[PDB]
J.: 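Looking at a complex of Taxol and Beta1-tubulin here.
Chain A is the first sequence line, chain B the second, and so forth, proteins listed ahead of strands; every chain is numbered from 1. Only heavy atoms go into these numbers, but all of them, side chains included; no hydrogens, no water, no symmetry mates. Every number for a ligand or one of its atoms is a count from 1 in the order of the listing. Recorded method for this deposit: electron microscopy, 3.7 Å.
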Amino acid sequence: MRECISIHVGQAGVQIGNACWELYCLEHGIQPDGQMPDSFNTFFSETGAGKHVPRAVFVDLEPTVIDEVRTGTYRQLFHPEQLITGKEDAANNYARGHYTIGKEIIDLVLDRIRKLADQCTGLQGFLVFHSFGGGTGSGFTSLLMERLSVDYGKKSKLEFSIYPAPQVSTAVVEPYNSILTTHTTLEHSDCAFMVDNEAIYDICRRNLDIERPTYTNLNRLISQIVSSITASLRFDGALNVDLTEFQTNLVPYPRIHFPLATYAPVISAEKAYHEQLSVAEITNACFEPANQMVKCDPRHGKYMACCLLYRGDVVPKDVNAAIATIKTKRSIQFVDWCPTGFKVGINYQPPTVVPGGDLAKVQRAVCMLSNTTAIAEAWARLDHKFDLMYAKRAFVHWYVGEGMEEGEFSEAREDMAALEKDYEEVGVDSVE
Amino acid sequence: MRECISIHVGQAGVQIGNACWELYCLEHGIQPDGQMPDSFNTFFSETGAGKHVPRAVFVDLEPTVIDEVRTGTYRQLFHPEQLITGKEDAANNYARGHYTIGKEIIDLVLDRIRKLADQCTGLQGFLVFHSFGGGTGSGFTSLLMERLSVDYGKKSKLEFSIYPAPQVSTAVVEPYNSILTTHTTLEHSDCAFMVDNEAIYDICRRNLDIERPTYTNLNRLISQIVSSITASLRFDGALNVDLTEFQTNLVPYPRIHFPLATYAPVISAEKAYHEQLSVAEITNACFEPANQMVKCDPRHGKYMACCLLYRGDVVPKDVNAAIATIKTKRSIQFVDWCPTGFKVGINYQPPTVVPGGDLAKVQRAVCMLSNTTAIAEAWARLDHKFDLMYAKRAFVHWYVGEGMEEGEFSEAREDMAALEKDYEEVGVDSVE
Amino acid sequence: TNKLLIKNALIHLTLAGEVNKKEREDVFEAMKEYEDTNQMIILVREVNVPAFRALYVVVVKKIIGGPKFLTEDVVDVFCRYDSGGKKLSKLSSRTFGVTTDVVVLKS
Amino acid sequence: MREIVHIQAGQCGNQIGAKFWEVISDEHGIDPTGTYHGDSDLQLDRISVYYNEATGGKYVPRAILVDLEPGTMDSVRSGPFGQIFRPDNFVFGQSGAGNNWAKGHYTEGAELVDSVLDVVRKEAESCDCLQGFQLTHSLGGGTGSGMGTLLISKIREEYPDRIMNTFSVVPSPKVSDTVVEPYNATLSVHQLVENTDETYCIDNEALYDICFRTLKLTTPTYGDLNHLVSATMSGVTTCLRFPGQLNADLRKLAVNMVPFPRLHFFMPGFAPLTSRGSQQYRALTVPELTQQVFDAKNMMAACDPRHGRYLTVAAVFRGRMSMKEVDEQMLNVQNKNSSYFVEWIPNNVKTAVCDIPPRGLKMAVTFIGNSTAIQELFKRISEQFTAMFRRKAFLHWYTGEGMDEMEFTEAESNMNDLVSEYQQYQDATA
Amino acid sequence: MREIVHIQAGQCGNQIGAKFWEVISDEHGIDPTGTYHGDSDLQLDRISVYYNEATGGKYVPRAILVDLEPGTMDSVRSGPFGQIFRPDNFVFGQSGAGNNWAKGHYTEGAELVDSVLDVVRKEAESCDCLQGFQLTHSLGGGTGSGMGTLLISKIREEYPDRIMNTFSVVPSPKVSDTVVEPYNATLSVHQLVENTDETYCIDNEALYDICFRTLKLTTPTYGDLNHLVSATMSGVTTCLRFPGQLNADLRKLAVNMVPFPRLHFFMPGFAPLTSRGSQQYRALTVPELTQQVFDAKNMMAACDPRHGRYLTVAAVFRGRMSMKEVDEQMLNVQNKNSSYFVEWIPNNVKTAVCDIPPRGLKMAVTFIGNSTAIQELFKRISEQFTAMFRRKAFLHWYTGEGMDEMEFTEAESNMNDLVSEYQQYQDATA
Ligand SMILES: CC(=O)O[C@H]1C(=O)[C@@]2(C)[C@H]([C@H](OC(=O)c3ccccc3)[C@]3(O)C[C@H](OC(=O)[C@H](O)[C@@H](NC(=O)c4ccccc4)c4ccccc4)C(C)=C1C3(C)C)[C@]1(OC(C)=O)CO[C@@H]1C[C@@H]2O
Ligand SMILES: Nc1nc2c(ncn2[C@@H]2O[C@H](COP(=O)(O)OP(=O)(O)OP(=O)(O)O)[C@@H](O)[C@H]2O)c(=O)[nH]1
Ligand SMILES: Nc1nc2c(ncn2[C@@H]2O[C@H](COP(=O)(O)OP(=O)(O)OP(=O)(O)O)[C@@H](O)[C@H]2O)c(=O)[nH]1
Ligand SMILES: Nc1nc2c(ncn2[C@@H]2O[C@H](COP(=O)(O)OP(=O)(O)O)[C@@H](O)[C@H]2O)c(=O)[nH]1
Ligand SMILES: Nc1nc2c(ncn2[C@@H]2O[C@H](COP(=O)(O)OP(=O)(O)O)[C@@H](O)[C@H]2O)c(=O)[nH]1
Ligand SMILES: [Mg+2]
Ligand SMILES: [Mg+2]
């Protein structure tokens, strides 16, 4: 009676979606065929026969990565009307994923979401998995967040945006494909979770002792975080928190709604020994600078509204005991106007392991979702990567030729520059 | 409820600590695995599973000696993040243990200590094992005692310095590295115990009849002395003495805090017969000119504040009897201002023999500590070994080229020369 | 006195090759009357891509241009030229000294 | 889907095509007959990008072969992998090459052009989603410069929204095999920066030294130089027809590369280039496969990368490797080559990784440079045009076909900007 | 970690190294191919100091082989352990040796200097913690004195904060195999006190008397002289690549040793040196492996240690022994020889003990002295300069390449202080 659905726009959302839907079948005994040997109705509109198809719409412009799904192990799971493909990709071009080619199949996408809201009576929210890199994942979501607010408007719309790193970038027009996706979705997003590609490599290197992490392994860490946010629907816990409740505790203004996730503990199999990982210990591992999955220095700002999503055998006294240590500490300075900014959710499931993953089986976990202040310097970075590449008019001739104007680039920067004034608007102290 | 961590800076500190942590696992039935088939909470932050990891931080710049630990018998024992290595050693150079390489990994060390004292509610003291020889063992300690006096300040900070021998020295800048590390640690050390190599070679020849003492065998004697100081926490006796209770009895003036250890009886296996080793016989063996573990003549001075730390089956009547024999003797002269200067502790544990060691199993032991007078004649030694190498300005060109001023060498000598005046300040008779 | 640690990094990491040959030959004769001053540091555009922007001395004075004088607070990191691998090596220091040779500014 | 047409023109192009469709057809496991014998089923999942299924389970290449004499077309037909082609494609003339730009574009190019495009149209109606037109010519000769720079201006008249990518062989600095190649080049550069999208400018002079130094051969035949070019040629499109962990195609390798609509002249590269006996000394790891790439000896275009700077840099990999080893090494070389990149382009390493190595190796790297290092390629060619135009030598053949004296200054006026802009966009900062 | 580069220059240097890498290969158990066959796993724990692992578990040396003619490099490549090296390292020239400091530094040293250092730069990028640079040359010749004294003045331009330890065979008093070796050494002494850190002055003269009296041979070939030198050359570094009790390394063998930044000329030593049959007469104890050392017959540098005194005397012991027996003997020989040490250096013995003896012994001693005994090495050489400069014979060859008549007086003025400083700090008391 509470059903959330998921959309997989681009490729970086689709291969993360291969890590999510593999993982849900382990937490419920679901086969890849949909067979199983009662609260899993939040993701699976079932059939009168034995099969549990998922609630997922895989839209893609190029037919490349979808054919790995149509031929892989989870071929039999999905309904083959969900698996929507096309002919030519946007190819890192906002004007080929929002104006030219993305205009074509948009009436096959929304009409497919139309036939999934009728299998639901308690429709809950949206899960668009995408990235800010390409012009498909950040050029078609910007089209599609406009459309699902025309359809509903009053439903929660959660993204999981894979963030462009300050160290490593595998594109060239990537600071053009991020300023354009802000302006289009900022008036119709709900709460976009930032996850960085860079910071997972350090967590795979130091805390896990993996020197060769593949894209198979950077998505296992984003699999458990998405499994932790939606852990309160599929299971009964001590203090549950539904998806409609995230938009009020975490979003202080109609602009600042960019939380960065953080999972803990992350340990190797050999280091499951040698330590005990108490809730008073693993909570201090949340607020380290060395464990944040978006590369900033969190001791260079504040914290407007944190949020802790515990799970496993966790004592709610020791939660209060571990938190009362934290607000007494020195380095972790919250915001003056926020009195005390936590929203703690204790659930009754251990963090389940996937076979083949290099994560130890621990008895408890936490997915901190910290709306910090200091990430605006990382928003200040992707304007300095805009200004130097726009005074020389570099790479503009691909956008102009496919339906995009010159007037809409210094426009959205000033809109982004208005979003950068708002974080220093937070950092003031309105005294007396 | 009482915890005392142990840090092993250098190489000579660590190779003693290879023999120290061998002994505690004998005195508690602990395997090298951390398995075992409320007395051991002072050295083992135990896990809820079966493993008792020690409270140790092995840090060294050169990665040679630490790989013996990571491949030895006690591989599985230590928490592997504790064992900290680096690349280029200080290599007997003070400006490469404090200015060049010491600034590199000081933050991996202190943050690792930071994650040990949070597992401690009753934190008691420090045990920094370091030798005065190298520029790692006397260049990284002097950096580290500055830093841990910023974090804690009030806590007790015990060290164990392997003294430079008066006739035998296996280094050339060793009379430089003693005057350098004194000046830095003298304002922040607590009670620095002097143990000499050369006297342990004497005891291995005469009282033990071993003609080939290896560093396997010169460390078993220091392993018993370190164990008997920390024998009152781990056990329970007729009169116990904690580690904070050392620094008040032993340090009269805040400069003179350099006592020398003495263990007794040190007998071979064949000489366990032929004698009786009574509680009034072994205490006369404590105050010999021969049986001291620093090669000095104790009859060339006085005794400011002795200390006796017995263990084993000891009756406190004869302790009062054997002490009363000692102050009536001729050669032993206490200082005129100290009325009676003893501080006696009795435990209920015989000293445990280690297999392979050539020490005989006895019923009782004594770990004599004595803040004596005449050790400053051996401090007068390490300035005549300084002046002849500073007049001709030898070896200075390695210090200056690695971040070290020239003005900080006659400066620290005068501070060492001020330390020479205070022992002769003691020995006078302030009459009327 | 670290003339070797900076001239090596002028023509291998910051201004190397045939492109800026006219540029780095200017900054040899500019410091010829100098280097009796003890230490000299450079400004670096970014810690990821080290490009040369300004040449300094240690007395912080610019001779060939950012700011004429720097503070300790606006310094991002303190980098050490790894001679064995022609890269940068970060430090834990916040003040100046013999160890630091490469500084990066903030924004 | 995403079908590509492969047109061949000139003698130099038509002998890569005997080797290219041997480079390709050994990856997909294609016999000399036209059938399938491979083991993996991943090959036939994307066989239709270059092929057409015929009756009997046979696959034939989508190649269209153009010549002005039946000389070299008879060699490719009689050669191995020659009977794989569709025999209607072989469109050839009679008058010979002429080694003459004024003949292959104004005299013979004006007759056989419509008999080419109707076979092109027959090959394009059999394709559902047309991607682009990879064309194999060379700037040196007269067939592949008059006819190869005509299908640019005729098929883009028919297909104005596809990708046009030529695979050209550029004249060398030291040796010259044509006396009028300073006239065949400048007449073609005028036609390339009109209606193309990219051009993999490959030299011969740097291609010989790699066969001498790095490959360590003795007698390099053209069967071992085109063996090395066509190895690089298949690596561009191998992410368009095989599953990769980070996908690229012939538009992602078009938008990310080209910063301005004229500066689109590339320079390829390849790794590993072992020796026959020195394949037991170097470790085959990603930090070794990159340090071989960013040295100047491996650049097949005969210029120095340390002269001039880079604008955008691609690095298409193959094989099965890990994305941290890639992203560490793409950071690591940009530290130690920081002065060689340009300032107003940040994060200037485009990177893609496929998952199918070449048949027999373990991993391989295809480099796609884009630099201001090729400013003295055009400075070299436009000077050889200058001295040969003052004394107006060799002019009484082009003028004899009716070509005007101003048009040689017109094409020289076009290259006058293009030399300036690699200087103009070098020291322009912000 | 702590990798070491092993550059080889000159004919004399390139024939020790062919024997030197035969020594290192037998302590770690290395075949001629490159694989592993040893029994102990302690050998491979620090294998990465001289080696780079290649594919298939094969280790190759980190050696860079510099030459001016292809003569001697043909002998090493055709000889055994020739195929262990990497065939890109063999950097050689064409114009012969020359036996000419004006040719190995001004004529052929000007061209082949960057073909060396680019291979040096390729070896250093494959190293994590770069330690130092051991160079195998000889003061006598003209390849190992012009080219070998150029690489120090180019690598310290590139690596100013490392250690540069050269292994120089020094000309003998009686026999002289070069007439102008009094010109070769005094031009090389000018280039080692500039930019080195230590220099093992090994002679030929005293090396035969060890091979005649102590070893009791009849016909000493160079295959047995360099057999004896390389036994010392591997002993200095075995406290870095094997676990020891009281450790030492190349920087601990720098700060302990060198009192002033110019007096860094060391003299080697080794024990035991048995006869073939007289190994059954002498006891193999540490008090016998010390009295063999501190006598003058064991010194490989041909000078009398009793003339002049010592400054810092290190003695790296090896094998399984006990530290009391060590420190008893290092005290005993300082009591009985106290007049041969200097007054103002107290406690003047550095001592190291490792635990892996050579294959077949039980314990071994490597002696690294330092003395004022080599005032009459420089009193010998600088006078042979002097009588060959009053008439200024042999000058019309070095001047012929462009060398000035003051530059010979500059290098002679450099040695004029260095003779005085072993006299200035000899009787300086306090
Ligand atoms: C059956 C047996 O034990 O034979 C011994 C042996 O009899 C004696 C006589 C050897 C032997 O040495 C010689 O005959 C000799 C000849 C010319 C020059 C120098 C030595 C031996 O050849 C040498 C050899 O030494 C080694 O193997 C060391 O690892 C040595 N290796 C080499 O020198 C070497 C020789 C050939 C090829 C490659 C390496 C070494 C020493 C220091 C540092 C590294 C390596 C040894 C113990 C033996 C023999 C075979 C007879 C002695 O020498 C050494 C260097 O060990 C000479 O006095 C010692 C005492 C040894 O007992
Ligand atoms: N989390 C995650 N990110 C990935 C993975 N593969 C690629 N990426 C990221 O994807 C980003 C590029 O955007 P993509 O989504 O792959 O591209 P696209 O949306 O399909 O658009 P085009 O490729 O231009 O058609 C890069 O920043 C990569 O870091 C993966 O397996 N997991
Ligand atoms: N008691 C004892 N002393 C030792 C032992 N090993 C070395 N030493 C002493 O250590 C002193 C040398 O200092 P070290 O601490 O070993 O050197 P270091 O501080 O590690 O620095 P490096 O010089 O870089 O190795 C000498 O005086 C030795 O006698 C040992 O096992 N036991
Ligand atoms: N790489 C390569 N270059 C070739 C080959 N054949 C000819 N060339 C080059 O092509 C140029 C001559 O042009 P060519 O194509 O034969 O003349 P055309 O037939 O009129 O186009 C010269 O620069 C030749 O080096 C070949 O097989 N491989
Ligand atoms: N110990 C030793 N000395 C050698 C050897 N070969 C040559 N020498 C000495 O090297 C000197 C001649 O120098 P050489 O290196 O051959 O000339 P270069 O090639 O110009 O450097 C003479 O003193 C020779 O005795 C050798 O194998 N061993
Ligand atoms: Mg895509
Ligand atoms: Mg050490």
J.: Curious which chain letters or ligand numbers map to Taxol here.
T.: ligand 1
J.: Which neighbouring chains have any non-hydrogen atom closer than 4.0 Å to Taxol?
T.: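 Heavy-atom contacts under 4.0 Å involve E.
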